[PDB]
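Looking at a structure with nedisertib today.
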Amino acid sequence: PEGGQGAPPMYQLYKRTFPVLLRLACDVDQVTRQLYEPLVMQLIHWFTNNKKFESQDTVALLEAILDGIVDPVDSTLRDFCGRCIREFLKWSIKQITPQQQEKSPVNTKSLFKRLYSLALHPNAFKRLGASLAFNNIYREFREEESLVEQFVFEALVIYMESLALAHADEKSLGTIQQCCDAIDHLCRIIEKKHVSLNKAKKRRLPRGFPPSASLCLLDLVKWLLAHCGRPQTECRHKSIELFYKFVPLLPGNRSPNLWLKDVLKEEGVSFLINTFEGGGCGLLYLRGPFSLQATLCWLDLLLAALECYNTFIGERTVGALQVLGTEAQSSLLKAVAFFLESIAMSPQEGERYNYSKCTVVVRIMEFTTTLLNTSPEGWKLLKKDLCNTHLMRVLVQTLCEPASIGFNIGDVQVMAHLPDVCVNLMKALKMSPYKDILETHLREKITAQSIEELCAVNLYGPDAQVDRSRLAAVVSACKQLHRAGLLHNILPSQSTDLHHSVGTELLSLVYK
Amino acid sequence: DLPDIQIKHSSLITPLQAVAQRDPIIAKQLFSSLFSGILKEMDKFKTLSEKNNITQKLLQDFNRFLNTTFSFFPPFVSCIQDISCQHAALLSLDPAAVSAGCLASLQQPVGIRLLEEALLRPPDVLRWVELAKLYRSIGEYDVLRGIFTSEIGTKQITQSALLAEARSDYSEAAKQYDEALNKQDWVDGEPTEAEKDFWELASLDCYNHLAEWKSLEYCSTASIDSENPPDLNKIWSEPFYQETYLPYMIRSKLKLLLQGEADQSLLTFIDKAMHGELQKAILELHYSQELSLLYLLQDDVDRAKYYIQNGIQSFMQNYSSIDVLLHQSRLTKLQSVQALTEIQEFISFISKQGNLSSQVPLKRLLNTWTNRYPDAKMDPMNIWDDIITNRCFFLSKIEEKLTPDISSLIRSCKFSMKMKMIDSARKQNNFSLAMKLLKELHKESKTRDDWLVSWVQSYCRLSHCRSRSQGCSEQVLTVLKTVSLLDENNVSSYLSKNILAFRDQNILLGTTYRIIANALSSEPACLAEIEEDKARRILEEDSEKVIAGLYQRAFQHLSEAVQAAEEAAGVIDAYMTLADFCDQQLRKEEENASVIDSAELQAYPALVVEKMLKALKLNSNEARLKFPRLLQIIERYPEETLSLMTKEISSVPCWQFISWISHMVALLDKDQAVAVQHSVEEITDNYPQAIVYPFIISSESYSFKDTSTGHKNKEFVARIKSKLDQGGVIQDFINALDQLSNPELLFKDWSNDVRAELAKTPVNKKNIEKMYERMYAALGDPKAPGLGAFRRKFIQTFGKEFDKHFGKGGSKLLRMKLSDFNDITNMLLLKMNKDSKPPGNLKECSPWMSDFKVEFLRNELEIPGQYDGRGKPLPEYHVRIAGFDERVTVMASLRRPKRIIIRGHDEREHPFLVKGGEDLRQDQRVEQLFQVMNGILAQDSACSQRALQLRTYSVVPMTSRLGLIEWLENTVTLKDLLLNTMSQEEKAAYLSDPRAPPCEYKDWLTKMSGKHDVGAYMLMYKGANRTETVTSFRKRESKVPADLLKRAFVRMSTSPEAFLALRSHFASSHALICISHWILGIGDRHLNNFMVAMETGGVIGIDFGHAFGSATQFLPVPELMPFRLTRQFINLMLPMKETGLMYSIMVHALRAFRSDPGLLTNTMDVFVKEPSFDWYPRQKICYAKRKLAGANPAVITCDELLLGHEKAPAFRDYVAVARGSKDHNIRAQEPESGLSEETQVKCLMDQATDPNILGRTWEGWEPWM
Amino acid sequence: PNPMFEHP
Ligand SMILES: COc1ccc([C@@H](O)c2cc(-c3ncnc4cc(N5CCOCC5)ccc34)c(F)cc2Cl)nn1
C-alpha cells in the first residue's frame, strides 16, 4: 500500500493495544512472558526508527510506557516499563541520526522534560515513576557525553526537589529509596565529568537558581550552602552529603575548613544561622499534644536546624564556639530549652505527633555527644543552656522507662538504636566537666535500696505486669551503665566486704 | 530483533479456531463474521433464484433453531438473531420465536434490533406486540408510548394499562387487562391474537408484581384448561405454554406453598415431569431453585443440595456467557445470587448439628439477615419478595425443629424484614403492595410500643407518598386518616425518651398539615364542599382562617422537629423542610399585599436564613442550590434580620460558595454588601484563583455612591484588589490575551460607541473625554501600547496608515461636533479592512505567550476553568500553565475568535477558545443555570434512574470584552457528523446542486417574494399560505438522505446492543437539552450549536448568545420554534417516532423542573442585579416564571414576538403562524396557561415539528436536516 | 505461503 490511502492509520488500535501488550509482557505466567517481553522489545526497536521516527504511533507507544511507569499498585509494570524506557533511549539514539533528533517528541530532551514534569508532582507514584525511569536510563547519556553538561545540573537539583516533596509523601513509600538511588547514580557521574572541564557555560538553567549564563559548578554548592537547612529530612541529608563530596574536586582542591572560614569572613557569621535556621528562628499550646500541622512543621524546622551544622561540628569545619558565640543571636538554644521544657507532657494523630517528638530527643543527645567529643572543649557556652537539669532528666527517663516521653514500643529500630545513643552520651559526659549532675540524677531513681525495693517478695508467677517489667527496664539501664563504665559510680559496693554487695545479693536472689 | 510479520495463515487461523473452541463469545463472533462474509461473497455468482432458495432454506433452519432450543444459550440465540439482523432476506424470521428466545436468555437488545429492522422495509401488529413485549421486559416504558398508538391498529385500553404500569400501579393495570380479556362486544373490530396474548402475559406480570399468588395461580392455570385443570402434562403440550404459564404457575404455587398452604399438587407435577428427559432438562436448567425450595418443603435436604448447587453452576455458566457490554442483563442475572446463597446458607445451618441446640448461632443468623437486604430503589419487588418469603420459610422450619423467647426472637426479625420491604416498596412506588403488606402486619404492630410507632410512621409516610398523584379532595382524605392515629399517646416511656421517633412524628405531622393546607389553598372550598365529619377536622373564619391555622400547626410541628433534631443527615432534612416551607409561605405572601400577613410571617425570614446556613455548615447540596434565595431574602428584608445572616455566614466553610462567587462580587457596591465581605475576603486569600476573574469584571464597574458609609465600601474593595493579582502576572496575562484579538474589531467597538454618543445628538457630556483615553491607548498612537503593554507588531503600521485621517481625528475631532457627517469614519473603518491582516498564523502575534516559559515562582497561572464548586478545591492538583502552542487557529465568524491550545504543567495539551470582543457573563450565567438544573435534575427519582444530566463546559470571563471558554476534547459538531456520514455523491448533491434544499429554499423565497436577500421573509409570511409552505417543505426535505444519524451511530457501534445504547443516549440527551433550552429560552440552535461527544454519543449545547428569548425578539427573521427537533432526529428513532423516548424524557425533566420552580427563578436574578451589555431583565424572568408554572408555549412565543416585532410589516402573520391552526396543531387547541406537564410537552413538540413553521425559518438554521 | 510478503 501507498502512503495516501493504502496505508491505514492504525493509531487508534495502537492506543488500546500497547498498554495490554505491556501488561501481558510481565504478568505472571512464564510462557506468556517469553512470548511478549521480546515482542514488546522489538516493537520498541521498530517504532524508534528513522522510518517511523516522528510518527503518531511512536508517540502512542511512548505515552503507553510512561503511563505504565506512573501507575497504581501493579509493581511489575513499573520496572518492566522502566526497562522499556531504557531500550527506547538506547534505540532512539542508536538507530537515529543526530541531526534529526531535534524537534520530534522522541527527542531525549523532550523525554527528559516529561521526566522532570513527572518528578515535580503532588502524586507519589508519578515521582516514583520519574525516579524509576532515571534509575533505568542512568547508564545511558553518560557513556554518551556532550549532553551531561547541559542538564545533569538541572536534573540533580530537581530530583533533590522531588525527594523534598517525597518527604511529606508517606512513610517510606518506596519513592525515597528510588529517588535517593537516582541521585546516587547522578552523583558518580557528575563526580567524573567536569573534573577537567569545569567551565562556566550557558548550561540549561535549573529550577530554583538565580538567572545566569555561567553556572559551571560553584552555583550548585553555593545553593547547597544557601538552603540545606530545609526541613525535608532525606533531601537535606543527601544535600549535606553532596556538599561534603562536592567541596573537594574544585580548583585548588581546597578544604571545607577554609571554605567555611572564607564564607564566614566574606558574608558574616550570621550567614551560617539564617541559612541554618530558615524560617525556624521566628508557641505555648505545643506543651499539650496538638493535632495542628503547624506544631509538627515547627518540630521539623527545629530538627533541620539541629542537624544541619551539627554535622558541620561533628566534622572539623567550624566549632560550636564560633557558631554559638555572641555573634549569631539565634533561637537555637532558646528553642532547644523550650522544647526540653514540656515534652514529657485524636490519638491517631496523637502518635503522629508523639513519634516526631521522639525523633528529635535522640538528635539532641547525639548533638551533645558531638559537642563533648570535639577539641574546642569548654562548657561555658553551654553550661546551663540545654545541658542543665532537665536534659539530664530526659537522659535518665530515656535510659529507663522510655515509654514515658512517648517512645513507641512498636518502633523496633528506634528503640534498638536508643541504648547506643544513651551509652554514647553517658560515656561522653564521663569526661565532661559537669558529671556530678548526671550522678545525682541517676541516683535519684536507680540505686541499691531502689533495687531491693523493686526486688519484691514475689517475682515469678502471673504478675508479669509490674514485677517483671520495671525490673527488666532497670536491669537494661544497669547494663547500659556497665557499658558506659558507670556501674560502680552509681552503685558502689560496701567498704566492708570485697565482693560487690549489690551483686552478691542479686546473685543470691536469683539463685534462691 | 524485529517483528516477524512473515506469518502463516495457519499461525493465525489455528489459534483463532483454538480460542473459538474454548470461549463461546469468540465462537459467536467468529461464526457471525464467517457467515456474513460467505453470504456476502455468494452474491457475486449464484444468481437470484438459487440464492433466494438458499436464503429460504436458511430462514427455515433458523426458525427451526429458535423453535427447537430448550437451553437458551445466550451466545447461540444472539448469534442467530444478529446474523438475521445483518441480511434483509433473513429479517422475517419468527417474531414470536425471536421474542421468546431473546426474552428467556436476557438478550433483549438483539431481539429489539431484529424486530425494529424487520418493522422497517395493514400494520404488522404481531411484530409491534413482540417489540413491546421485549421493551417492557427491560423496563423502557418511555419507548412504550410511540408503540401503542391507534394507527398500528391497537385498542386504547392496552395503551392506558401500559401507562398505568409506567408508574408502579399494577392494580389498575391488571384491572384493565382482565377487563380487556373479558370484553365481548368490541365494536371497532376484533383484537388480534397477538394483542390478546400480550394482555394475558401482562396480566400475569401484574399479578406477579402485586403478590396475589391466588390470582397468579388461577390466571396461569385457567388458560390451559378448566374444571380443576390438569397441569400434569398439558403445559408441556402447546409449546407456547412453556414460556408463558410454566414460570408463573411454578412461581405462584411455590410462593403459595411457602406460606403454609397444605396443597400437594405442584409436587406431583414436578415428580411426573422428571420422568421425561426433555422436561427434566428444562425443569432443572431454568429453575433449580424452585426445585430446591420445593424439596426443602418435603424436608428432602439432599435433593435441595443437589438442585441449589446445580443452580449456582447454571448461574455461573449463564452469567459468564452474557456479553460484557450487555449491562442490565448481568444486573438481573446477579439479582438472584442472594436468594441462591441464602438457600445454601439455610441448608448448611440446618444440617450442622452444632447449631439448633444452642441459641447463639440462631442469633448470629438473625443478625446477619437483618443487616443483609436487597437494594432499595433498584432491586425490583420480586427480588425482595423472594428474599423475605424464603427467610420467613427458613425461620419457620428452624422454629419447628428447635425444641430447646425464641418465638419472639424470630418474630422480631420477621417484623423488621417486612418493615424494610415496605419502605423499599414505598420508595419504588409499589403503593398497592406496600398497603397490602402493612395490612397483615397491623396486628403485631400494637403488641409492642416501638413497633406501633414505627408502623404508624411508615403508614403515614406511605400515605404522604401516594398523596402526590391524587388531585385534590381525595388526598386530604388520605392524609386525614393519618392524624387520627398519628396522635396516639406513644409517650408511654418511648417518645418521651426516644428523640429520633419524636422528630419523625413531628415531621410527619407537619407534612400532613402542610398537605391539607396546600390542597385547600389549591381548591379554596371545593374540597370542603364534600365534607361531613371533615369540616370539624379542617376547622381545627371558614375560608382563610382555616388555612392560616393549618399552616400555623404545620409550622409548630416543623419547628419542634428542628429543635428536637438540634439536640448525621438526620438534621439536614429538618433544616431544609423548615427552610423550604417557610420560604414557600414567603413566596405565597409575596404576590399579595397585607399587614397582618406580615405580622404572622415576620418570624420566617430570619428563621429561613439561619436554618439554611446551618444546613450549609453541614455538607448539603440541596441547600447550596438554595443559596441565591438567601440573597433575595436580604434585599427584601434589609431593615431587619440582616446581621443574623452575618453571624451565620461568618462560620460556614470557605469553599462552600465558590459556585456563587459571581453572585457575591456583584453585591460589593450596594448598601448591604456586608454579610458577604467575610466570605469573599477569606476566599480571596484562601483560594486566590477562584475569585480573581469574577472580581475583575465586577470591580470594572461598581460605581459606588459614597452617601452614608461609602468609605469602608471602597476600602474593602481596594484591600481585596491589593490582595489579588499577586503582582502583575494575571494582569499582563489578560493584556497579552487581549492583544491578539483583531484590533479592527475593537475599532468597530469604539465606532459603535462614538456613533451612539455624538453622531446622534451633541447632548452627551464628558463621555467623549472619557473615551478619549482609550482610542489613543488602543489602536491609536503606536507609542501608547508600547508604553502600556507589549506593543503589538501592527499598531506602528496602523499609525503609519492612520495618519492623514488620524491627524484630524486627534487634532480637531476632539470637538468635531458636526454630528451629521460620518462618511469619513465609515470609509476609514472600511479601509482598515483593505490593508487588514487578521490572522496571526503563529504565536508571535502576542509576544508574551509565545515566550511565556515560566522561570520564576511568579504565582503560576493555574489554567482557568477549575474550582467547579463541589468539594474542597485542593489547588495543588489544578493544572498550571506551562506554555502555549505556537499555532493558533481562527474560527470563521464576523467576531473572528481564536481558539488557542495551551500546554499545562502536566505536558498534556488543553484546547481553549478566546473571544476578546464580547461580555461572556451571559454565557457564564447560563452555564451555572445548567449546573442548578442538573443539580435539581439529579434529585428527582425519575430523572435519576435515567441519569439525566446536562453537559457543561467552563466559561471563564477574563474581563469585559475578553473571555475564555474551555474546548471539550474529541467532540464534533452535528453538521460535520451529518456531512461526513454521507457518501461523496450525496455530499456533492447536497452542497453543489441547485435542486438541493440549500438552493431550493432560496429559490423558493425568491420566486414567491421577488427578493433575493433578507427581508424576503417579511413578505413571504404575508405570501405563501400554510398549504404551499408545507408542500414546499415536504418536497425539500424529501431530498436529503433520511438516515444520516442512523448510519453514523451504526458505524461507531460495532454491535446491536451498542447501537441501541448510543441511540437511546443521544435521544435522551437531546430531549433533555431541548426542554432545558426551552425553559430559559435559547434560540439559534443551528446545526453547529450542537456538539456530539464521539466517545459516548451524548449531545452538548453550545453558544448561548441568544440566552433568553431574543432570536424571536431581536432578529430580522424571528425564530418560532422552541428547540431543534427536525427530520433527522425523528428518523433516528424509526420505526418508533418522537412520541416515545423523547416525549417521556421531556415529561420527566419538566416534572422535575416544575416540582420547585423557585430554584431557576431565584438564580436568574443576577441578570437584573448586574445586567450585561447584550424592564429588560425583569420581563425575561417573568416569562421564564410563566412558562415554568404551566403555560402554552405558543402563547409565550406570541408574547415575545409582540414585544419584539410589534408594528412590523408582517407581525400579524408572525403571530398567526406561531399560534397554530386550531385544526392541525394541538398547541392552538389548548388553554393559554394553567397547563399540565404532559400537555405542555405535547404543544411544545407540536410547535417544534411544524412544517408551517419549519418551512419558513432562517435559511442558516438548516430546517430540512 | 507465509503471506505477509514483505519485511520491516
Ligand atoms: C468545528 O467546531 C465548531 C463549533 C462551532 C462553530 C461555530 O458555530 C462557532 C461557534 C462559536 C462558539 N461560541 C460560543 N461558545 C462556543 C463553545 C464551544 N465549545 C465548548 C464546549 O466544548 C466544545 C467547544 C465551541 C464554539 C463556541 C464561536 F465562537 C464561533 C463559531 Cl464560527 N464552528 N466550529
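In what follows, chains are A, B, ... by sequence order, proteins preceding strands, each numbered from 1. All ligand and atom numbering here is 1-based and tracks the order in the structure. Portion of entry displayed, and contacts counted within that portion, nowhere else.
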Chief contact partner of nedisertib - name in the PDB entry: DNA-dependent protein kinase catalytic subunit
Other chains closer than 4.0 Å to nedisertib by heavy atom: B
Main UniProt domain of chain B at the interface with nedisertib: PI3K/PI4K catalytic
